[PDB]
Each structure stands twice: as structure tokens, then as C-alpha cells.
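Since the structure comes first, as C-alpha cells, the remarks are kept for the end.
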Amino acid sequence: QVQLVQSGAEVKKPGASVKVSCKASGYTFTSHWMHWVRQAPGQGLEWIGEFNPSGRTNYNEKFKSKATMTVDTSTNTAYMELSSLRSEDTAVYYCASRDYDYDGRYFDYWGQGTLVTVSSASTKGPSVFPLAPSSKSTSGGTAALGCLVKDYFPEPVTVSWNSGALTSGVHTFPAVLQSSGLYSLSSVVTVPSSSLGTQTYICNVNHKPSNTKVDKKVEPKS
Amino acid sequence: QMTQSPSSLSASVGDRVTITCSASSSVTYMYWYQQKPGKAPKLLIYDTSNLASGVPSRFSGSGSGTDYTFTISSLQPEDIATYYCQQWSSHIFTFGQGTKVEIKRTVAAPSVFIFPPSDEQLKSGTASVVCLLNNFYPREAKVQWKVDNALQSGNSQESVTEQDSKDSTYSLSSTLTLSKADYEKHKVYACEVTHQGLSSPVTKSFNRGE
């Protein structure tokens, strides 16, 4: 399968610079343009520009002063660099490619996006606490359990259950911003209450801005 | 200037959804992208009317002069998303403003669950108490936190999921934050849930330390 893998989310100080990377796998990608797109939180899509490896670059006029696109031909990695960062640069940045290949098949591929947060505040990894199943979780032969993911900065956190093996009945809620200036979210899952004695439930919490991954086993309390 | 319309819409499963974009020029084709929440945009229509590879048949696109149309012929639960048109014009790609597509479905009552704070969190200084409202419709819901029959305010926050891609329901999480001292000072902790699908407000509670 063909994949574009981007560098992880990062907090950066105002005035500083950041360099997002986009790594291409499964396709040659030498003779195709690489697009960069931004999406401010809760906003629409804006095209930043395009880069040709085989070595021209076309820029959107608005992003001429702020962005620089480069590539590393040996590693299959496209780079986009944002200079003199301000609060208005806080956005998900995507790499994308759309074209015909050698065989004349039409493709469109996107990276997973990179949330650059511009803030003076330092990164902080989450504290993870269980949301234990109980008699107050039994509704009709099924029980709810979860993980509380507290006091991180910045966004985002991703959560999986049992390393991705548990997907059904999972709800991971949007983060709330707390009075302290730190984010908190919960992730929950409904399971059979007959599984509680035998099945193991672990939430896998990833927070790339602080380079932190936390696994937390969620058990019924004694 | 590119104009996508409407900004949002709600329809039932099996309904025809119609979205429009009006463009500056007709010399380049129109593209249509689907963006599901948390995910990257996914191409559905290229060159005005060509289905992208793998995309279901219920999706189509057309154009006439500077007026372009995107149609979902039969709305499915998994089709909830924000849709964007895109066109190359005056040396750049411009996206439309977007159209949020939502599903109207039957009323469903929330399943309510309450979670005491963990011993680990509590003894380190703070108690977060969590009320969970599971798979309900419509979106509007009232969560009231009670501590020894006293109604709380200023000390809770909540969030709601995007509409579920399978059953078109919403889920809600409410967190009541207290200091260790304030938490250990009281016995009965309850969340009271008001929703259209419940014939009377539903309370879920626990007594501290049992």
C-alpha cells in the first residue's frame, strides 16, 4: 500500500521556525508534484504551494513570505518550513499528491496532517487515569470503561484500545481546554460485562509533542 | 470568487443530497473532496464528473458553465462529513467554504454511566468525576451535577462526539473537577441527565468509598 507519513505534532515559540516532513512509501514519487495544504482549527482548506522533485516550486502568493518547500531525493521526504511563526500559523499542515502514474492510474494521496501549535508555553505529557467498570457501569449485560487523559499541552492526543484490536463501541471525545491552560479528554468503550473477569483492557495514549506514549490497564476496582 | 453552498444541511438516510459551487472560470475542471472528522481530505470526484478509484456510485458531479453540482443520490450513515469543491484558477488551487452534511434519524435515549475518580488521582490532589452519555439522538442534552443534593456550577466541563458513522448517534462526556479536600468532604455524587428520549430526568449515582 502507498502511504505519506508526516512528522509529529509540535509546539513552537512565537518567532521561531518549524520544518514539517512528509515521507513517501510504496510509490516512486520522483515525477509527481507535492502539494502543501493548511487547515486552521475548525476552518477550511487553503493551498500553500507545490514542489517538483524532477526542481521547480509554485507558491500561493499569501504563503510566499512564510513557507519554504524542499525535498530529499535519497530518503523520499518532502519538507515544508514555516518561518517567523505567529498565533495565526496554528494549523494542521498536510502534504498531498494527485496525478497519473506510469501506468495511467489516477491517484490522490494525503499525509495524516501535522498540527503545529504556536505558543510560548512548554509542552507537557498527559497523566492517564482509569475509568473503572462497576455495578454503576452495568446497563443490560454490557459495561462501560475508559481512560481519562488529563493535563497535557498542546493538542493532539490519539487513543487506541488494546493496540488497535478493540475498535467497536469506542468513543474518544474532543478535548476540553481547562482553566489551567491544559487540555483534558476521555476515551470510553462499552464491552460485555461477562468479559470483565477474563479480558484485559488497555488504552494506548499517544502525545507526540512531548514524545510521550502511555499505556494504562483498566481493571475493576477491588 | 468561489462560492460553495449550503454551509450545512441535515437529511435522512436514503435522501438525495445536493451541493453547489459557482466558479470564476470554466476552463479548468472541478474536484470534490470528502473530509471526515479527524481524517485527511479524500478525493471523490475529479475532472468535474469522474469517480475517483474505490468511491461508491451514489456520488456524482456535474458542471454547466461556471455552475457545478455534487450529488449523493442516497445518503448513507458513513457519508457524514464536510465536503469541499476545489478548482485551479489564477495560478492557485482554491477550495470551497465547505458543506457539513448531517443525518436526521429517530430519537434514541442516552445510556448514562458515572465514574468516580481513581485512588491514584485523588491522593495526588484532585478528583475528576465523569458522567458518560452513550449513543443518543438528538444532540441536545442536559447534564446536572449533584453533590449531597447540592447543584454544582463553574466546576464542570463537557464535550460531544461527532455523529457516529454507523448509527448516527452522539455521545457526551462531562467532567466534574474538585480538590481532594472538597471531594472527601462529601458522600453522594450524582449526574442528572435530561434528554428528549427520556420520559423523565435520569440520575446515576455512587456513594464515596463504597
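Going down the sequence lines, the chains are called A, B, C, and so on. The numbering of chain A matches the PDB entry: 1-54, 56-223, in order. Sequence positions for chain B are given in the PDB entry numbering; the residues included correspond to 3-212, in order. According to its header, this structure was worked out by X-ray crystallography, 2.2 Å.
At chains A and B one finds the drug matuzumab. Per the PDB, molecule name for chain A: CH1/Ckappa Fab heavy chain.
Lab note - chain B listed in the entry as CH1/Ckappa Fab light chain.
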